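What follows is a deposited structure in which one can find seladelpar.
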Amino acid sequence: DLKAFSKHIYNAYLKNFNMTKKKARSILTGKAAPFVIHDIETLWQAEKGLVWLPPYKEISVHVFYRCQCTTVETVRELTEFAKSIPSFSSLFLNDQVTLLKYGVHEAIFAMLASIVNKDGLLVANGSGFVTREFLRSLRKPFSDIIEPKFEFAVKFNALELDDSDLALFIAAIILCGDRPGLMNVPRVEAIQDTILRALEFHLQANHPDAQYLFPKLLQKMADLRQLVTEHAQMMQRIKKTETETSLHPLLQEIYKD
Ligand SMILES: CCO[C@H](COc1ccc(C(F)(F)F)cc1)CSc1ccc(OCC(=O)O)c(C)c1
């Protein structure tokens, strides 16, 4: 009943996300190799065929838009993921939307670490590997909202979670009971309570030697809330100073507050 729960969440995660941390760690290590993107030339080569939108303006903004395309696809998967949780789908549709609105970016940044290492991150289903040196090389606004994700991603991967753990972690992130405008708060805190109790139970079997892992994850959850807050501010500034830069409508609604 409680392991049936974690098993169900683990299947929805497997079923709804094309890139898992298992696949990702296979590619980064070398089981099988992706095409390295580290400057204008290699990005263009990847943009043709090889690896793979508004009109191309500059490099820093071109990456920005690719970030948005990736964000939009993950938001699609996370929506199907949340819906595959029967308890979730039983909330009223407007509560479902409030949960996703304030949850996806936290979840997205949590899952980013699965496809990241100290040197770069996988893109397009793992066919390419954008380097961190390149992303530091971008213009001053756009190179700022990427580096913190690495800093978080490296400290998150230090915990050595696997996909079975992450499925519950993400589910816990989405079913947050203190999201602004939630209609039926107690029902959401109840589901969240089941998820965390399932997560803590699962961490015992899967990580028998992990000292203080569950409380640490809960700390990572709060750290993600802060990363998203800081990420959102840079985005708003980008909206203000980069008046010629676009924002995909779906992302406009999420941040609309
Ligand atoms: C969700 C994955 O997207 C990023 C990965 O970074 C990439 C870097 C380079 C490239 C490519 F080289 F292919 F252009 C793609 C993604 C993670 S960081 C991020 C995430 C979202 C972003 O804006 C959209 C939003 O806030 O909803 C921005 C500006 C950055």
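Heads up, chain A uses the PDB entry numbers, so what you see runs 174-205, 209-228, 235-439. Numbering of ligands and ligand atoms starts at 1, following listing order. Excluded from the calculations below are hydrogen atoms, water molecules and symmetry mates; all remaining heavy atoms, backbone and side chain alike, are included. Per the header of the entry, the method used was X-ray crystallography, 2.7 Å.
Taking the chain with most contacts, the partner of seladelpar here is, per the PDB entry, Peroxisome proliferator-activated receptor delta. The organism reported in the entry as the source of chain A is Homo sapiens.
Within chain A, the UniProt domain with the largest share of residues touching seladelpar is NR LBD.
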